[PDB]
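Drug on board: meropenem (bound form).
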Amino acid sequence: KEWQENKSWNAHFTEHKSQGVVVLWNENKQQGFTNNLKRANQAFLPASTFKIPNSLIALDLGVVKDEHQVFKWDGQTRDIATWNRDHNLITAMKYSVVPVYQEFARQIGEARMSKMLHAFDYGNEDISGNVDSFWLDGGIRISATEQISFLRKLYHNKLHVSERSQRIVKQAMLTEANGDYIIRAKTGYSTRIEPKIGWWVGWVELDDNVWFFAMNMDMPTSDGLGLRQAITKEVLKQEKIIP
Amino acid sequence: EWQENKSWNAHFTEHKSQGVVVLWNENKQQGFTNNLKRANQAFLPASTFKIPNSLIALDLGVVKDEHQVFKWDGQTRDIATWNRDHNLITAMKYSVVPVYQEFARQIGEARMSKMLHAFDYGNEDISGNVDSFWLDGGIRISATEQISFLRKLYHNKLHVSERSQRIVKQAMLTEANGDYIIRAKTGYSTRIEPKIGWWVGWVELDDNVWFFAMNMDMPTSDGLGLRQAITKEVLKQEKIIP
Ligand SMILES: *C(=O)[C@@H]([C@@H]1N=C(C(=O)O)[C@@H](S[C@@H]2CN[C@H](C(=O)N(C)C)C2)[C@@H]1C)[C@@H](C)O
Ligand SMILES: *C(=O)[C@@H]([C@@H]1N=C(C(=O)O)[C@@H](S[C@@H]2CN[C@H](C(=O)N(C)C)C2)[C@@H]1C)[C@@H](C)O
Ligand SMILES: [Cl-]
């Protein structure tokens, strides 16, 4: 079977009074696994997971020259302390620094942004709303399975931007690495529009396979943000993908 | 299990449109689509919701049978065929919204919600009152979820009576000749972008059934005949119909 539903994962959500979906894709076997086929295909605002396409576009157009170029803090004090400082592409993705990315989006502009998202086959391809906030409160919507589709293209250097742009963004996605696995991923937290959700999308590299993943979960308060990674890792552990 | 056939894209291109056709071969348990991503994107069902609405109305006795007359309220609407009395068959044929809104009000939010959950029909998070949610964007469903729903209806597997299912399948009858029968329902969603047309149903042959669900961009009503015409071009290419 190409898609298997595994309701046993639901226990990882219920143990925290949570609801959500984990989608896994076994690249070598070309098979998918999820606790909820319907929610796997439900499309939501990408929030900070949009930094993946945003970064690729910015690099390919030369808005970002490389991963060292520094984006000076604009001096406005924001509620997230790590945003109140200078950043490069690596640290901007690590601390999800929206204001840096909003500047990239303004410099890309609506025509190039729209064209590029069409070329990437990204979600519903709709950038309606403010050019610099549409991924937080505009028309764009992507599901977990569509996040996987997009990430598999990035993994294989098959998106319609240069190989270099793809390699730099994969470098910026680096989240965790040890002797057992590498995780390249990006978190999101959508709060402007209901329903409020957390995301974690990315992949696990093993010695001889890659497992892509995309999860989202209801997120009524920020109390639960750690569960985005913790529930995903419980699933990976259950499936014997990681120790 | 699923096969992407981009050659069908040419049937949309001939017409300067974009869309998706999903087919399912019941005997072989295999699916075909020109567009896997669009096949799984959820769109407002519009008039295709009359299929579940009918099943629920019959099953709860809101509709006694397919002969019961629902009188016109005397208010002239934009669609001429709505300005007259209807029964279930004609209300389905002419997609008579005001008749189906009254069914929904009599079903009521609680029963509608529970029954659509039981059918596994549409998004988990439905919003909007019972007479409007299915017009205004409070529910959405993909082409592949339409197929799964219609497969259960075909086999009398939904959690309503066999009688309710047989009556709705009768009301869905669209075309029959010596080569095939088509049971289906059209949709035209205009209140939220992208405006789309649907056609969902199945083709009965002597020894197999092919389920189908298509939707396609519909920026004006001029293209509405393409819902059936494009589907049938795909059926004809696939040797399902002569
Ligand atoms: C992206 O979806 C949104 C951002 N993502 C966040 C999140 O995951 O909480 C925050 S920023 C993040 C909070 N902790 C990090 C930090 O500073 N340290 C770990 C030291 C940064 C934000 C809501 C974005 C659209 O706002
Ligand atoms: C359903 O999606 C919506 C209805 N569907 C329509 C359609 O397919 O055009 C119209 S009613 C339809 C128009 N032509 C038929 C007719 O009167 N004759 C064939 C003579 C009836 C409508 C937008 C519904 C949600 O409104
Ligand atoms: Cl790296």
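Letters A, B, ... are given to chains in the order of the sequence lines, protein chains preceding strands, and every chain is numbered from 1. When a ligand or atom number is given, it counts from 1 through the structure's own listing order.
The full list of places where meropenem (bound form) can be found here is ligands 1 and 2.
Lab note: main contact partner of meropenem (bound form, ligand 2) (name per the PDB entry) = Beta-lactamase.
By chain letter, those with a heavy atom nearer than 4.0 Å to meropenem (bound form, ligand 2) are B. The contact residues of meropenem (bound form, ligand 2), taking heavy atoms under 4.0 Å, are given as B:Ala46, B:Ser47, B:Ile79, B:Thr81, B:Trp82, B:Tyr94, B:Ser95, B:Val97, B:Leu135, B:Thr186, B:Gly187, B:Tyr188, B:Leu224, B:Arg227. Among the UniProt active-site residues of chain B, the one closest to meropenem (bound form, ligand 2) by heavy-atom distance, rounded to 1 Å, is B:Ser47, 1 Å.
According to the entry, the source organism of chain B is Klebsiella pneumoniae. There is no protein heavy atom closer than 4.0 angstrom to atom 14 (N) of meropenem (bound form, ligand 2). For atom 23 (C) of meropenem (bound form, ligand 2), the closest heavy atom belonging to the protein is B:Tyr188 CD2, 3.9 Å.
In this structure the covalent anchor for meropenem (bound form, ligand 2) is B:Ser47 OG.
Residue B:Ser189 has no N or O atom closer than 3.5 Å to an N or O atom of meropenem (bound form, ligand 2). Within the 4.0 angstrom cut-off, atom 21 (C) of meropenem (bound form, ligand 2) has one or more protein heavy-atom neighbours.
Within a heavy-atom distance under 4.0 Å, meropenem (bound form, ligand 2) reaches the following UniProt beta-lactam-binding residues of chain B: B:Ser47, B:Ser95, B:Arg227.
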Meropenem (bound form, ligand 2): which protein N/O atoms lie under 3.5 Å from its N/O atoms?
residue, atom, partner, partner atom, Å
meropenem (bound form, ligand 2), 2 (O), B:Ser47, N, 2.7
meropenem (bound form, ligand 2), 2 (O), B:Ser47, OG, 2.3
meropenem (bound form, ligand 2), 2 (O), B:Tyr188, N, 2.7
meropenem (bound form, ligand 2), 2 (O), B:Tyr188, O, 3.4
meropenem (bound form, ligand 2), 8 (O), B:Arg227, NH1, 3.0
meropenem (bound form, ligand 2), 8 (O), B:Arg227, NH2, 3.1
meropenem (bound form, ligand 2), 17 (O), B:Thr81, OG1, 2.7

